[PDB]
Amino acid sequence: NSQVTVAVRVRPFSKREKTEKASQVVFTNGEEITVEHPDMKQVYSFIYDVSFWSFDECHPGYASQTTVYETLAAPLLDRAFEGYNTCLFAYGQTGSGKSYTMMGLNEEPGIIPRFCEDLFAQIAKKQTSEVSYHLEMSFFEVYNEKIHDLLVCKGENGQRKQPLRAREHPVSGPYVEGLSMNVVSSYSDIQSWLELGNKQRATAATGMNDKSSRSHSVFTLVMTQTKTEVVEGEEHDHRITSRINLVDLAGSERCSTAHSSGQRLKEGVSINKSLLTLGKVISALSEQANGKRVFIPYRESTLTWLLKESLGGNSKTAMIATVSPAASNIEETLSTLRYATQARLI
Amino acid sequence: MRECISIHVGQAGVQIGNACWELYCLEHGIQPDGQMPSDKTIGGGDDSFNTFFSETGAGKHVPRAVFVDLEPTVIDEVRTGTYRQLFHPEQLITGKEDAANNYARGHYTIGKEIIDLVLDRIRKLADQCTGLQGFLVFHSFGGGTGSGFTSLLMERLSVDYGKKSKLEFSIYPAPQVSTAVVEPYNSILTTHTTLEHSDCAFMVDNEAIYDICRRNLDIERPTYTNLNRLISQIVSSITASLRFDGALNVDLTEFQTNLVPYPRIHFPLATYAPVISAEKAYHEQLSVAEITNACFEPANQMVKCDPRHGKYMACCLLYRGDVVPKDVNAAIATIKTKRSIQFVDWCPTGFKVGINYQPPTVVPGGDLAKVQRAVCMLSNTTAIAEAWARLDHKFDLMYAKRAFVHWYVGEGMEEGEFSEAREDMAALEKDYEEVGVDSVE
Amino acid sequence: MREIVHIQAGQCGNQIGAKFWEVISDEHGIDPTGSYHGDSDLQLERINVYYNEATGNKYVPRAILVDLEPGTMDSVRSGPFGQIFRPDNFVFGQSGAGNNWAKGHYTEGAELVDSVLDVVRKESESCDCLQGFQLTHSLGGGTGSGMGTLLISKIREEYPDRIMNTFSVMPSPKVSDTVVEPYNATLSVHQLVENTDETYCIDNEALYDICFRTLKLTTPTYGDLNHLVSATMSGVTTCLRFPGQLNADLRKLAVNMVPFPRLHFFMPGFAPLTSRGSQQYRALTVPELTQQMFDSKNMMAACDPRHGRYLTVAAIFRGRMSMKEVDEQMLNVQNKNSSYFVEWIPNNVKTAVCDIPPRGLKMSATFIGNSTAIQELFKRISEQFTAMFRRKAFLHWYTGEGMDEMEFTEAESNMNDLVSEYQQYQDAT
Ligand SMILES: CC(=O)O[C@H]1C(=O)[C@@]2(C)[C@H]([C@H](OC(=O)c3ccccc3)[C@]3(O)C[C@H](OC(=O)[C@H](O)[C@@H](NC(=O)c4ccccc4)c4ccccc4)C(C)=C1C3(C)C)[C@]1(OC(C)=O)CO[C@@H]1C[C@@H]2O
Ligand SMILES: Nc1nc2c(ncn2[C@@H]2O[C@H](COP(=O)(O)OP(=O)(O)OP(=O)(O)O)[C@@H](O)[C@H]2O)c(=O)[nH]1
Ligand SMILES: Nc1ncnc2c1ncn2[C@@H]1O[C@H](COP(=O)(O)OP(=O)(O)NP(=O)(O)O)[C@@H](O)[C@H]1O
Ligand SMILES: Nc1nc2c(ncn2[C@@H]2O[C@H](COP(=O)(O)OP(=O)(O)O)[C@@H](O)[C@H]2O)c(=O)[nH]1
Ligand SMILES: [Mg+2]
């Protein structure tokens, strides 16, 4: 009953690497993405529900930010007004195109802006006084299986990361106890709040990059829809709520190669264990789509537990994998593609 | 001089190591305290050969071997036993905790904190050598140390020493018998790392040796000692051409040129035919024509694979004792006449031979008989491709459900290290199908 | 030097431990004064796992006794092997729990956990390495259930990369001994499903049946029942403190027996039990133990595996024995009884052998099993729970100590969400 949609995007060569003469490794024949290197006798193929070829502007299948939205994220706002919940995952590795496909640039905007603007500018054509709309917004992170609010200011003292608790409400579903939920009227408010949040998000320096994310960041939008129908009296007799989760995940971080010790290793293991649970849950939702009695392991990791009511039932789930085409990044791209395959193995 | 360093990794490697050193001391005349009475008997003679032991001025003979475990239990029996005054007391134990059947704890987490100390003694051992040949690595697949620690060590030794023979003696997993639920993972992940770095990997299975100890020797309650004592003779046959004299010597650098066509297809087998009790030692001629035929029958392989489901690529034959070469040529002619024993079209020769004059030695307290002649056979077949599939098929099931993966991720691994290791073994299945194809031109 | 820290909470845990030390000291040779009076040398080589040195070659164990009332503590000290306990480790208080989980988890246990963590920290930093912990307690009261679970929650935060075993004594199906077993057990499963790595479910009706129709005892008192649990405890930790041809620590079994992180509730067992008259009519061999260890009349879980399937099993043997026998028999079990085993695990058996057996026998064995049949224990509690929770019967004694109804439904669902994780692996297709 629930439909998972995996989409995979390839970035184009950097300016730093178009001059350094990196060797292209990922190709496509339109449908399937193939990975080849001259050294190997073997070439691996990957067929996905959607491939967004962004390598060469002169392609007959180029995928700009106006296409990755219209093909993937736009059918998720079309479903939120029906009164059902949505999830959108962003997986990759540092240098893949995750923060460019999600948020974007000053004049080349990703999914969050093209989604929020298409939300607020799509209810202002059906905002009567009979039907109304209220939007609230939360933004938290999972770091070592511990929830943290990012929109709360620190002070002048020691550790100011206050851990919160995930409880299970009997009727609605799981929720965090003590999370700042803020009300929003425009896109600019979301922009200010997110800009305030991504400076508190956990980041450490590793061999891959100066600033690698070490936490699963979760951005929520709760939408209420109050309708007034005549039941012979006063009319307030309707409200259906819809939840929109957009989540930026962390990378796998092979701890074999990066000789990690201490908190990084710790962090690494945590992220590796969450990605293992998430993958399993995503692959247990696909079996239901075909049809089979199956059990979803939601209470194995906190992220899959907070989003139980946005992953199963009448809910739509999207997943954008990002991969680099360079030969220096070939064990990371392969791991990304192998992780995306098990999601959709229909 | 002709020198070899032995490394015993984990419980299996170390226990097999014990067996091997009890056999090495008796052939040469070394008492367990490291002394030789021949020093008094005849002056100026080499019996405790410098290939396996280093000498002092006090007339001691200290073995060129290193034992490593991660738990102190198995190596604390060598310090508190008969052979305590023989080994250099730097027997590496990383006590703290072992790998507990996890490849990851033997590779990175607990596998580190001890490898540098292992390679330091391996440098001190090689610097004492006046030109060494290679390394003998005894470990088992399936255990967390035998797989992980070995795969890490093999990769460092590939940088430090480089163009040296790295021969492995490993206990491969049985298809039915097993002592763990994670032998498939710990095998497929060891192969991915110990295939670009090994030079030859001799395999033995416990189930194959149980059936021998039952059928051939009439033992229906065998233990690991009666199992290690054959593994001792197989290593002694390989290592005899460096220690003892003979007509056709066969050094260690010859195997990898004889039995390894391609750099990924280097997984030969082993068998030791005259496995006889004292009661059936009589009623038997024990000639080359009987033994060599006994090395080619499935009921006397030390690995549980039917070679009639495949084709032999190469076969070394290392004879010990009173053996004339003509009796080998006639035997190989007979083996080539038969249609069951089938070879590739790209190897008509397919036979390397070595002969050494020194017969085996009978251990006191053994189930093996005294013999005037003994034979080994180190073969390369495609039938091994029917075992690597089984270990893969098991891997295909659990990893479908992602079982016993949390335990690996929890000690510094990825989900993609399994897919990358499982995809490398699906290529090694296609190569063994390529080599068996009829050639054309 | 692997080291175990042994906490013991409540009457059940304290009596079982008092019998367990009587058992281990016999295994190493220590007397009630703390002095070694043994015969062999292997008794002292690895004695660190359970004891610490003292002045005059005396050995003091790592016991952390806990109780909310002093009555059970006084009995251990005024007993046979009570002078082998550091008096600063009898951490207790007044104002008992009242068979109430709240009093032992929020009111009268929170004011004492900070004094148990002192002895934990002092007995753990005085240890070169540490394989983990192990607790003995009961999911039928408030002290063992409440003040035990909290200690686990507070040890995982401190020592997360170490083992937390728990030799728990679960409720019984037919006849109860407390009227608030369902609540006090569900609210502990809620804290033993997220914070532990090995949980060994023991039930007392199974031990009565063992004492009755396997041992032929007509007056089985609790000392005889703990004599059985002390045997299993001894068996899990035999290959750390003695040598063998195939060794198995705690983590080795946890890595074999736990496919998914939540299903770590096992059903233990011990062989041989021979009833003093059939001692001279039985053979001391491997198959005679393997047939007794897989029979449902010898397990301590009160759950028939024939109503379920094995996911993994373990066999810790003790004695000079052949490995071929073990491998062959454990293959025959899977071959003959494939319906009682899972298909997506090819080999469900883990084997271990130790060379030094229990002082009076030539061979001993110990059995651990992960079966779906464990759901029968939980599926019953949730049937009792919801029968008493629909009417809010005994709840004001829980809300009056600082709890909410939302903390009950939470515990009600997880357990159910655990049964579905077991019933997923029950039928063949
Ligand atoms: C002639 C002979 O073999 O005597 C046996 C004996 O006859 C039987 C009945 C013993 C006897 O067991 C019991 O009587 C008993 C009763 C209730 C609950 C548990 C045991 C025995 O008492 C028990 C005792 O076992 C031991 O001594 C072990 O060391 C045992 N520890 C203790 O008993 C012990 C308890 C408190 C203080 C000091 C030692 C042990 C078992 C497992 C792991 C570690 C230790 C033994 C061999 C016997 C007797 C004495 C008759 C058996 O017990 C065990 C665990 O081995 C029951 O079946 C076995 C073997 C025999 O059949
Ligand atoms: N022939 C033989 N096989 C053994 C022996 N000991 C263990 N094995 C086999 O080796 C495998 C288990 O490996 P171990 O050697 O116990 O593992 P390890 O390397 O110590 O690793 P961990 O204990 O997991 O850290 C099983 O297949 C055992 O049957 C032995 O003495 N002889
Ligand atoms: N389709 C595309 N077209 C043009 N440039 C692209 C495209 N996709 C990605 N890029 C480039 O990719 C860059 C992303 O680099 P960067 O800002 O470091 O991401 P990142 O932070 O390393 N990934 P992450 O840390 O996981 O959020 C941007 O500067 C873009 O110029
Ligand atoms: N096996 C065993 N069980 C016991 C013993 N004493 C109490 N119990 C069990 O423990 C449960 C009661 O728990 P209790 O020990 O009173 O909890 P506490 O008061 O908080 O410590 C009952 O189900 C009893 O069967 C004992 O000595 N041995
Ligand atoms: Mg070991």
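Going down the sequence lines, the chains are called A, B, C, and so on. Since chain A takes its numbers from the PDB entry, the residues it shows come out as 391-736. Note that chain B carries the PDB entry numbering, so the residues on display, from first to last, are 1-441. Residues displayed in chain C correspond, in order, to the PDB entry positions 1-429. In listed order, ligands and their atoms are each counted from 1. This entry, so its header tells us, was determined using electron microscopy, 2.7 Å.
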**Student:** Provide the name in the PDB entry for the chain that contacts ligand 1 most.
**Tutor:**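 The largest share of contacts goes to Tubulin beta-2B chain.
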**Student:** Please pick one of Taxol, fidaxomicin, saquinavir, digitoxin, glecaprevir as the drug found at ligand 1.
**Tutor:**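 From the list, Taxol.
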**Student:** By chain letter, what other chains have any heavy atom closer than 4.0 Å to Taxol (ligand 1)?
**Tutor:**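 Chains with a heavy atom under 4.0 Å: C.
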**Student:** To which protein heavy atom is atom 5 (C) of Taxol (ligand 1) closest, and what is the distance rounded to 0.1 Å?
**Tutor:**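 That would be C:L361 CD2, 4.9 Å.
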**Student:** Where on C:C211 is there a heavy atom closer than 4.0 Å to Taxol (ligand 1), on the side chain, on the backbone, on both, or on neither?
**Tutor:**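 No part of C:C211 comes within reach of Taxol (ligand 1).
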**Student:** Hey, quick one: what organism does the entry say chain C comes from?
**Tutor:**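 The PDB entry says Sus scrofa.
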**Student:** Distance to 0.1 Å, residue and atom name: give those for the protein heavy atom nearest to atom 36 (C) of Taxol (ligand 1).
**Tutor:**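 Nearest protein contact, heavy atoms only, for atom 36 (C) of Taxol (ligand 1) is C:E22 CG, 3.7 Å.
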**Student:** For C:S364, state whether at least one heavy atom is located under 4.0 Å from any atom of Taxol (ligand 1).
**Tutor:**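 No, C:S364 has no heavy atom closer than 4.0 Å to Taxol (ligand 1).
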**Student:** Please confirm whether C:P272 comes within less than 3.5 Å of Taxol (ligand 1) when only nitrogen or oxygen atoms on both sides are compared.
**Tutor:**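 So Taxol (ligand 1) has an N or O lying under 3.5 Å from an N or O of C:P272.
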**Student:** Which of the atoms of Taxol (ligand 1) are close to C:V23, meaning less than 4.0 Å from one of its heavy atoms?
**Tutor:**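 In order of numbering, the contacting atoms are 35 (C), 44 (C), 45 (C).
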**Student:** Just need the protein heavy atom nearest to atom 40 (C) of Taxol (ligand 1), so name the residue and atom and give the distance.
**Tutor:**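 The closest one turns out to be C:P358 CB, 4.2 Å.
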**Student:** If you scan the protein for heavy atoms around atom 56 (O) of Taxol (ligand 1), do you find one that is closer than 4.0 Å?
**Tutor:**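 Yes; the ligand atom in question has protein heavy-atom contact below 4.0 Å.
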**Student:** Below a 4.0 angstrom heavy-atom separation, can you tell me which part of C:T274, side chain or backbone, both or neither, approaches Taxol (ligand 1)?
**Tutor:**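 Looking at C:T274 and Taxol (ligand 1), atoms from backbone and side chain both fall under 4.0 Å.
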**Student:** Looking only at protein heavy atoms, identify the closest one to atom 7 (O) of Taxol (ligand 1) and say how far it is in Å.
**Tutor:**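 Answer for atom 7 (O) of Taxol (ligand 1): C:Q279 OE1, 3.7 Å.
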**Student:** Does the structure show any other ligand or ion less than 4.0 Å from Taxol (ligand 1), and if so which one or ones?
**Tutor:**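 Found: none.
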**Student:** Counting heavy atoms only, which of C:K216, C:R359, C:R282, C:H227 comes nearest to atom 31 (N) of Taxol (ligand 1)?
**Tutor:**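 That would be C:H227.
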**Student:** At what distance is the nearest protein heavy atom to atom 44 (C) of Taxol (ligand 1), and which residue and atom is it?
**Tutor:**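 Sorting protein heavy atoms by distance from atom 44 (C) of Taxol (ligand 1) puts C:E27 OE2, 3.5 Å first.
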**Student:** What about C:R318: any of its N or O atoms under 3.5 Å from an N or O on Taxol (ligand 1)?
**Tutor:**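 In this structure, C:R318 places no N or O atom under 3.5 Å from an N or O of Taxol (ligand 1).
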**Student:** Around Taxol (ligand 1), which residues have heavy atoms within 4.0 Å?
**Tutor:**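 The heavy-atom site around Taxol (ligand 1) is C:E22, C:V23, C:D26, C:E27, C:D224, C:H227, C:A231, C:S234, C:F270, C:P272, C:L273, C:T274, C:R276, C:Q279, C:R359, C:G360, C:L361.
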**Student:** Tabulating one pair per line, provide the atom names and distances (0.1 Å) for every N/O atom of Taxol (ligand 1) that is less than 3.5 Å from a protein N/O atom.
**Tutor:**
| from | atom 1 | to | atom 2 | distance (Å) |
| --- | --- | --- | --- | --- |
| Taxol (ligand 1) | 58 (O) | C:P272 | O | 3.1 |
| Taxol (ligand 1) | 58 (O) | C:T274 | N | 3.2 |
| Taxol (ligand 1) | 62 (O) | C:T274 | N | 3.3 |
| Taxol (ligand 1) | 62 (O) | C:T274 | OG1 | 2.4 |
| Taxol (ligand 1) | 62 (O) | C:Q279 | OE1 | 3.1 |

